[PDB]
There are 4 protein chains.
Amino acid sequence: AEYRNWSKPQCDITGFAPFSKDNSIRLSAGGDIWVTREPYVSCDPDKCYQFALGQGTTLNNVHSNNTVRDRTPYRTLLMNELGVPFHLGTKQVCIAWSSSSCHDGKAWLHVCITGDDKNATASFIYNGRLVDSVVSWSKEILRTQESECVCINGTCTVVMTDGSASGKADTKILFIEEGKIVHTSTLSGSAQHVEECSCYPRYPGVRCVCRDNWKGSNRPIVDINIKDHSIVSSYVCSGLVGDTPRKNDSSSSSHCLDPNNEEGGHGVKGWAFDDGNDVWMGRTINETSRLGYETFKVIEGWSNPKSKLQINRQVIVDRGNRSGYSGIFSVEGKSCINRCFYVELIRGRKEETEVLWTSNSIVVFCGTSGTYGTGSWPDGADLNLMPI
Amino acid sequence: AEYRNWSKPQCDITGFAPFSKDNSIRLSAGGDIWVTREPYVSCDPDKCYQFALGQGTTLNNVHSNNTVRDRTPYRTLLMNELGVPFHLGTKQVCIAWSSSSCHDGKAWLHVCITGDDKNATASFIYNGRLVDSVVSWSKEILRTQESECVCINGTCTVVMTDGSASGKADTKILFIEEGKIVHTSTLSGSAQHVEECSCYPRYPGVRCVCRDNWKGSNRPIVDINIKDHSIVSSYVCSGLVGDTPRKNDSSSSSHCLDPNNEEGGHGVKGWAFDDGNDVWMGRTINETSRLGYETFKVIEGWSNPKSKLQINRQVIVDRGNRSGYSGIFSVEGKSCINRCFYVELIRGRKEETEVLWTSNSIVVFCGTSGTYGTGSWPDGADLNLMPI
Amino acid sequence: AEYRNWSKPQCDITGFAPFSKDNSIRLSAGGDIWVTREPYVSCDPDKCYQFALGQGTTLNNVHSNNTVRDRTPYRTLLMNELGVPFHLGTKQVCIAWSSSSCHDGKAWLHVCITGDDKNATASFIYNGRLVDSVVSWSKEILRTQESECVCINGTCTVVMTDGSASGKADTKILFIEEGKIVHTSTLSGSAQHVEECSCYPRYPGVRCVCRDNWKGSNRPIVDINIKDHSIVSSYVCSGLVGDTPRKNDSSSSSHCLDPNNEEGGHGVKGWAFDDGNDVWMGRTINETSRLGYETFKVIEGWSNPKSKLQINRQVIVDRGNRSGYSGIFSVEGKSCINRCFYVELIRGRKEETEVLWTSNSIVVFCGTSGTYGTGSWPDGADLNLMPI
Amino acid sequence: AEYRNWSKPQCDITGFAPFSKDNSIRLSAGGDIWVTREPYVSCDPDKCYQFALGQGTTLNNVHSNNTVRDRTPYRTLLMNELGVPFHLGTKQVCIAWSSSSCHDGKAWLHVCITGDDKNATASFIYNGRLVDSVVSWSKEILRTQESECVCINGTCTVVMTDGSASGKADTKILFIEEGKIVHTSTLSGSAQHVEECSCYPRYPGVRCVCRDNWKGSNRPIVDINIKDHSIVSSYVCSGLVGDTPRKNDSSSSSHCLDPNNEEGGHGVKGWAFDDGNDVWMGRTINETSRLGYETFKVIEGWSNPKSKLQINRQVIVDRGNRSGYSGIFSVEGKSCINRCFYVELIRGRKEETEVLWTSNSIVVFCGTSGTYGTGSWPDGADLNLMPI
Ligand SMILES: *[C@@H]1O[C@H](CO)[C@@H](O[C@@H]2O[C@H](CO)[C@@H](O[C@@H]3O[C@H](CO[C@H]4O[C@H](CO)[C@@H](O)[C@H](O)[C@@H]4O)[C@@H](O)[C@H](O[C@H]4O[C@H](CO)[C@@H](O)[C@H](O)[C@@H]4O)[C@@H]3O)[C@H](O)[C@H]2NC(C)=O)[C@H](O)[C@H]1NC(C)=O
Ligand SMILES: *[C@@H]1O[C@H](CO)[C@@H](O[C@@H]2O[C@H](CO)[C@@H](O[C@@H]3O[C@H](CO[C@H]4O[C@H](CO)[C@@H](O)[C@H](O)[C@@H]4O)[C@@H](O)[C@H](O[C@H]4O[C@H](CO)[C@@H](O)[C@H](O)[C@@H]4O)[C@@H]3O)[C@H](O)[C@H]2NC(C)=O)[C@H](O)[C@H]1NC(C)=O
Ligand SMILES: *[C@@H]1O[C@H](CO)[C@@H](O[C@@H]2O[C@H](CO)[C@@H](O[C@@H]3O[C@H](CO[C@H]4O[C@H](CO)[C@@H](O)[C@H](O)[C@@H]4O)[C@@H](O)[C@H](O[C@H]4O[C@H](CO)[C@@H](O)[C@H](O)[C@@H]4O)[C@@H]3O)[C@H](O)[C@H]2NC(C)=O)[C@H](O)[C@H]1NC(C)=O
Ligand SMILES: *[C@@H]1O[C@H](CO)[C@@H](O[C@@H]2O[C@H](CO)[C@@H](O[C@@H]3O[C@H](CO[C@H]4O[C@H](CO)[C@@H](O)[C@H](O)[C@@H]4O)[C@@H](O)[C@H](O[C@H]4O[C@H](CO)[C@@H](O)[C@H](O)[C@@H]4O)[C@@H]3O)[C@H](O)[C@H]2NC(C)=O)[C@H](O)[C@H]1NC(C)=O
Ligand SMILES: *[C@@H]1O[C@H](CO)[C@@H](O[C@@H]2O[C@H](CO)[C@@H](O)[C@H](O)[C@H]2NC(C)=O)[C@H](O)[C@H]1NC(C)=O
Ligand SMILES: *[C@@H]1O[C@H](CO)[C@@H](O[C@@H]2O[C@H](CO)[C@@H](O)[C@H](O)[C@H]2NC(C)=O)[C@H](O)[C@H]1NC(C)=O
Ligand SMILES: *[C@@H]1O[C@H](CO)[C@@H](O[C@@H]2O[C@H](CO)[C@@H](O)[C@H](O)[C@H]2NC(C)=O)[C@H](O)[C@H]1NC(C)=O
Ligand SMILES: *[C@@H]1O[C@H](CO)[C@@H](O[C@@H]2O[C@H](CO)[C@@H](O)[C@H](O)[C@H]2NC(C)=O)[C@H](O)[C@H]1NC(C)=O
Ligand SMILES: CCC(CC)O[C@@H]1C=C(C(=O)O)C[C@H](N)[C@H]1NC(C)=O
Ligand SMILES: CCC(CC)O[C@@H]1C=C(C(=O)O)C[C@H](N)[C@H]1NC(C)=O
Ligand SMILES: CCC(CC)O[C@@H]1C=C(C(=O)O)C[C@H](N)[C@H]1NC(C)=O
Ligand SMILES: CCC(CC)O[C@@H]1C=C(C(=O)O)C[C@H](N)[C@H]1NC(C)=O
Ligand SMILES: *[C@@H]1O[C@H](CO)[C@@H](O)[C@H](O)[C@H]1NC(C)=O
Ligand SMILES: *[C@@H]1O[C@H](CO)[C@@H](O)[C@H](O)[C@H]1NC(C)=O
Ligand SMILES: *[C@@H]1O[C@H](CO)[C@@H](O)[C@H](O)[C@H]1NC(C)=O
Ligand SMILES: *[C@@H]1O[C@H](CO)[C@@H](O)[C@H](O)[C@H]1NC(C)=O
Ligand SMILES: [Ca+2]
Ligand SMILES: [Ca+2]
Ligand SMILES: [Ca+2]
Ligand SMILES: [Ca+2]
């Protein structure tokens, strides 16, 4: 086994093909299935895995009441092969109410954060063992990606944040070799508020598209230089913006360097990637809530903040159906690196009041250089009929 | 690992021996078992796997109501080792309401079709990754085999159909190397309506026996030339015909080149294979519904459309018990290639009204050059007693 | 991987140590566990597996009513690693209401019999594929060991029986190389009625200790010569006899060559093995029913039919607790071949009327050259409290 | 594969980071989960496993009533990968109401004790086979560690005890090569009562920190010389003592050689390890019951029995939440050997009367040379709402 370098060009992408779907909530009406949220996908050189943060309970279980909360001592990172729903033989790979995972070509890293809000601990687990950990630095909800980290030549990078969700926070980028933190660069450049980064290998570096929870409905970009540890940051130029809430398409605007100051408060985790000067990007369909999910290409969307020329739109989840977090993951082909993305389909509280729980299922699409048609792939559980 | 070529002669077959049975519906009265249909078997060089299309629900689950429908966004391709029933730790290998799978000797291909009726997408998954996809070409329920595809020398072939179920449709044969569509030949020859092909390696080519849903109760044959991509087609000569509905044995007739025009409308998926000039073939026992299942040899049945000389009959499922789809799969021995076949045992709606669901179990027999006796191996669930 | 030869001496045995126990019925009061009977153990070169014949249902399942019957089309051979109870992810390795399994050092053989009483089929499955089969020869319940077969140098042997359970039957010994029946020797020597053999490698041959269902409460011995295919047969000399029913210890007698004619009708599957001129043997404690289970050494018990000198008695299951079938299996050590034995703990009908079902759990002991103490290891389920 | 020697220095430890947590009791309110106690962790060269002693029942199961008892014939040693909760596909690796496990680098040893109180049997299982066993020597509850054993150069050592829990007992240390007892040294040195040792490799030997159930609330130390089989023993000097019950911090005292005679009766399993002349140690927070759990360093705590200088305290389970047994396990890094520890979170009878059962979940922390913060990680099940 050799370390992954991802030193191959990015695949031609004409859009996305369906890849995976676990029907987790549907199964949980007649089965023992974990309550989760903040799911994500990452893949060893052979095959893909689905991760999520458990609420240390199954759905049809008294302990699923009030699983709307974000941080309890009972949350663990779940890990299965992709398409195996989180049943009772699912391995909890660490304790975590915030996490990130990646495989360097030899072994799995996990970055798992748990403990007190005001004094959390991040654990660094590599190859079945604990190799390091760091305390919260700013004593305000140390947190990380909720999607895959990225390793080049055996140096893995991950973005973490400590501080305010609605003010200046303290974001850092760690470099990790075999579970050992070998460096920490602090955030730099024009990105003002950075969270839940969706990162992908862009040889020789790593690129991330994050969530601005403060004053931006455009999404921050973070550029990580793996060799000299330098950081740069900015925003996705595209005039059609990827966060939620946001303004409508006719009213929205963006800026390559600053938050747009348009319904900037709050956000949702999401993703984008460059294709020459164009941007591929997913986003919720409904501008203010986590309803529906779409992907498209914005032509000149990576370089031109006035550009609002979308082509190749796809509905992933129709506008009347709930979506949630989404994020990138990268899969190596024979000749190129593909881009795929998962979407968290959230069900339950607070938005749906028919039940007491909050859970999710997932749907997963992958870059394609072939052709594709249309559809919608929602959660499809009936919360009127579920465990009363 | 080397690519499979199947460059070995076909085994002497004197009939079929019992191989596998999952009792899926019986287990589902006291267990968490998936609702499925369109099951099938395919085997890597070591061992066999059972696939089926899930309805994204378990049987004892509110979501099993109305699982009679064919295409929902919740259907996925299920995959276990043969004889492991589809429990909750079953891997969904892709999203699909129509599929085909095969192993080329190195890795698994899956061909998974999902999305809108009038604009479906076929995804091509090889070795744990998405390598290609194609849109529906005729915008009318792009669909495929519901049984194993076939790979020779690392070129896999699969038959797909788009268009009318009861008129001229647009059938194509794809050639796939490592998940990449490297060619598409369109259907040619005398076969007029072609669906749900049951294909097997017949070195140096591939042979398929399909379902004529339009004007034929005799079954179409499709001959696929793997090297030059040429296609030829015709029908199973045998005067005892393999589709259902059909006429009775005294009234039936057939034709080597054309549909017989005898209760041709509709059909059921099924299979046949040549043995010199004789044909081995399975079929439902009841001429008009999916009740019972039998296999026999028709002597001269491959070359002579007037020949109705059966020998070596076996009852697989007795005439008072429900059957369903059936299909071939091919297993490599030390010196020869064996032919085996699975039978879908369908239970529930519309035919059985005691429950609200529609599911299936499977039974699997294999070619034998030894001897065998008799029996019947039905589903054996009591739908009067099941999840009310 | 090389074929097993078992060309090592038998381990010193001073008695038996506890090895495994699955608590199958206890677990099945709060879990999805298979209904089984006729369980057994066999081991690949690395590790041990537990097999049993399923009733194609779980215990807490409507279909468990009337599982007292021996042959239904829903019975399959179950296979797990030893100590994993038969849950829903258990693999059914073939269809079978009678079976035998062994590993030759390279791959697993299974011998699986199913179908009509008066015309059953035995399937021979090797290395994940069907290689052969034979019909019933005497058209009266073709049946086999219900415990492991034995392979030396890649020739596996198995004992099968067709005919009367209470008269002369037709017993044969098959020789199988890679799933292919390469010879059939018919039973010969003084053994008059032979069933459910418990066989073990006794280099250069195989030795078996069977059940006389007709006129003998002493147990038949069958000696299988693997190279020239010759058979010899006789009975376990020991004056303390191993079948059930039997006479009491003060009244019993035996004979090295003939059935003893003492409560000979019926029997239970069981086992014995030679140790110089002494015999190690297990048996039910209660002389007339399947209650309790004991093991001991009878000094001179292998050569002297008048000898009733037991030493080293161990209670495995105390006399007030149900037992059932038992059988040998052989495990290779660094320098010697060990002998271990499993015991079927039967619960339910007809004997226990509190429930409608018939099932079993297992307990497994192994030869030891160290020391040991005492105890009892029954089923331990409360049938008064179980699934009403 | 080579034998483990652990010939690497012990890792710098500044405290402990969170590693694993199974939420076993929480899951068991809506799932089929085993009733356990006496859990523990041990790891093969690749990855970690969680063991526990089952009560041969699941929690939501009639047979969970009265699982407060310590020794029944239904208890087995459970084994999963760490973080997989004990579901129904969990392997029982042997019969046992007392056990110890370790991997020598090639294969697993298990030491499993079961049978009559006054005549128990220890079975020695190596590499999937029974290699040895010993009887109880003093006929009074032969028992062992309830945590991992230790192997150096293919010689594994384990500490066992037979005799009184509240008087002089007969403790021995066995040496085991490939499952074969190759020597037995009897306990020697100043340790007066020794139980449930927590052992770790301290090249070239093994060191253990045990429980004095008789007259000591300080913990015994046992030093095992692997090459010449010599034993020495004494007590943990530290003035803050690790057993429970114990006196408060202001009143407690200790002694390097003798039991302290302070609430010495009874105890709880626990652990400690040297760091120069300082001791790392865990213990319950509440001085008299198994409530809370803390770890700290006592400076000079290994050499100075008057020293009560703790630094680096961590709360693992807060003082209002139940704890239980805890023990060490050792994990090999690139350059050093790490120390990790698990904590049994006991729920149910006798202490909690809301239910009839007694079970546990686990939480697992590992040595870290990085930094960490704070929290509490209790069981988190609501016994008011659980299976009534
Ligand atoms: C079968 O499935 C395929 C693949 O999904 C569909 O083909 C896609 O259809 C979508 C939807 O219309 C196309 O996406 C749209 O592209 C528009 C581009 O406008 C034109 O300009 C280019 C010039 O380069 C021309 O080639 C082309 O003819 C276009 O006319 C955008 O304007 C669209 O955005 C606008 O519409 C959407 C709603 O549709 C709004 O929400 C937006 O905010 C905005 O106003 C959109 O991006 C897509 O490009 C097609 N892709 C491909 C690969 O062909 C088929 O439509 C479908 N067939 C059927 C029968 O359903
Ligand atoms: C134990 O199990 C074995 C194996 O299953 C059975 O043997 C088979 O029995 C079947 C059923 O009869 C045989 O199949 C039939 O073959 C007939 C051939 O007719 C004769 O011609 C040949 C000349 O080559 C002679 O060798 C032979 O003696 C025959 O007499 C066909 O005519 C049959 O089809 C007709 O009957 C069936 C109903 O049975 C109708 O549904 C058809 O539509 C049609 O009218 C049929 O194909 C089979 O060949 C036997 N196989 C083998 C390998 O021996 C035993 O019968 C069974 N024993 C018991 C006691 O149950
Ligand atoms: C701890 O556990 C150990 C191991 O299980 C026990 O030791 C065994 O005890 C049994 C039970 O008594 C012994 O088995 C018996 O052997 C008798 C032999 O008689 C004597 O002859 C030899 C001469 O070679 C002397 O060495 C020896 O002292 C004997 O006195 C048989 O006669 C017994 O059979 C009879 O008794 C049983 C009931 O016990 C009846 O059911 C029979 O039908 C028959 O009448 C029996 O076989 C065994 O050999 C011991 N084994 C070993 C290895 O030591 C301990 O007893 C136990 N300790 C406690 C306190 O429980
Ligand atoms: C974020 O999380 C970190 C890591 O958990 C916390 O830092 C630890 O805090 C604990 C709790 O106070 C410290 O442990 C304590 O150490 C004391 C040592 O006293 C002084 O002496 C040294 C000299 O070497 C000085 O460096 C240091 O400044 C100390 O002032 C002990 O006296 C303590 O024991 C006593 O207190 C506890 C209750 O706290 C009692 O139960 C005891 O019985 C006893 O009376 C204790 O051991 C620990 O060392 C810190 N560790 C590290 C690595 O920094 C932060 O507190 C936390 N931050 C927040 C905001 O929560
Ligand atoms: C589910 O959890 C909610 C939230 O705790 C419960 O409602 C609370 O329960 C407390 C204590 O019984 C009440 O006094 C409060 O009125 C509730 N608090 C809040 C903030 O709403 C509720 O009881 C639970 N429901 C079930 C069915 O278990
Ligand atoms: C199972 O599904 C059927 C089909 O949808 C349900 O029957 C329909 O329900 C609607 C809305 O309640 C009714 O208005 C219609 O009369 C029914 N439609 C058709 C086409 O039959 C039925 O309610 C479901 N049954 C259960 C027990 O859930
Ligand atoms: C369990 O199975 C038994 C055996 O079939 C059932 O009893 C029979 O049922 C038939 C048809 O209802 C009756 O007419 C007979 O009197 C019974 N036959 C025999 C031979 O006993 C019984 O109904 C089943 N019990 C349950 C609870 O399902
Ligand atoms: C749980 O087990 C307890 C302990 O055995 C049961 O209580 C005993 O049951 C016996 C026999 O019925 C009574 O005579 C005694 O009074 C009880 N003995 C003791 C020592 O308490 C109890 O019945 C069981 N409870 C349930 C719900 O099964
Ligand atoms: C702590 C701020 C952060 C917002 C950027 O909270 C996230 C918001 C969430 C959200 O917007 O859905 C849910 C996430 N589970 C949560 N993470 C944690 C650890 O609380
Ligand atoms: C779309 C036409 C085709 C008939 C040839 O339908 C098949 C018929 C079926 C049938 O005859 O049972 C059920 C199959 N699930 C269905 N496939 C789909 C995708 O609908
Ligand atoms: C068919 C005769 C044979 C007795 C030797 O029956 C066995 C007796 C049994 C018994 O004595 O328990 C149960 C076995 N399941 C049964 N096997 C079959 C196939 O019926
Ligand atoms: C037999 C004495 C020993 C105390 C040192 O008992 C242990 C005490 C226990 C305890 O203090 O919790 C529970 C353990 N399961 C038990 N082990 C056995 C085998 O009984
Ligand atoms: C978006 O979401 C909210 C959720 O309740 C809904 O009320 C609103 O109508 C939706 N808006 C649009 C424009 O679809
Ligand atoms: C065939 O199937 C139908 C199903 O209801 C049944 O009514 C009919 O009697 C059967 N016909 C024959 C000839 O067996
Ligand atoms: C043996 O078994 C039967 C089973 O009911 C019982 O009645 C009888 O008392 C037992 N006999 C002896 C001698 O233990
Ligand atoms: C310790 O435990 C007992 C358990 O009931 C409790 O009553 C007591 O208050 C606790 N003591 C302290 C000092 O916390
Ligand atoms: Ca925002
Ligand atoms: Ca037709
Ligand atoms: Ca008999
Ligand atoms: Ca004590």
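All chains are named by letter (A, B, ...) in the order of the sequence lines, taking the proteins before the strands, and each is independently numbered beginning at 1. Remember, it's 1-based here, ligands and their atoms both numbered in the order they're listed. The way this entry was determined, per its header, is X-ray crystallography, 2.3 Å.
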- Query: How do PDB records name the drug found at ligand 9?
  - Reply: oseltamivir carboxylate
- Query: In this PDB structure, which macromolecule forms the chief contact with oseltamivir carboxylate (ligand 9), named as in the PDB entry?
  - Reply: Neuraminidase
- Message: I'd love to know which other chains sit under 4.0 Å from oseltamivir carboxylate (ligand 9), counting non-hydrogen atoms.
- Response: A
- Can you figure out which of A/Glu196, A/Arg143, A/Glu38, A/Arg69 has its heavy atom closest to atom 2 (C) of oseltamivir carboxylate (ligand 9)? A/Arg143
- Query: So which of A/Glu146, A/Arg75, A/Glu195 gets nearest to atom 5 (C) of oseltamivir carboxylate (ligand 9), if we judge by its closest heavy atom?
  - Reply: A/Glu195
- Item | Any N/O pair A/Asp70/oseltamivir carboxylate (ligand 9) closer than 3.5 Å | yes
- Query: Measuring from the heavy atoms of A/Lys269, does anything fall under 4.0 Å of oseltamivir carboxylate (ligand 9)?
  - Reply: no
- Item | Covalent bond from oseltamivir carboxylate (ligand 9) to chain | none
- Query: Quick one: does A/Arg290 get a heavy atom under 4.0 Å from oseltamivir carboxylate (ligand 9)?
  - Reply: yes
- Query: To the nearest 0.1 Å, how far is atom 4 (C) of oseltamivir carboxylate (ligand 9) from its closest protein heavy atom, and which atom is that?
  - Reply: A/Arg211 NH2, 3.6 Å
- Nearest-neighbour protein heavy atom for atom 7 (C) of oseltamivir carboxylate (ligand 9), which is reported as residue plus atom name and distance: A/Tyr325 OH, 3.6 Å
- Message: Quick one: what's the binding site of oseltamivir carboxylate (ligand 9) if I count heavy atoms under 4.0 Å?
- Response: A/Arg37, A/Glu38, A/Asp70, A/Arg71, A/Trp97, A/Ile141, A/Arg143, A/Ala165, A/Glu195, A/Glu196, A/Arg211, A/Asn213, A/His266, A/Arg290, A/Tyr325
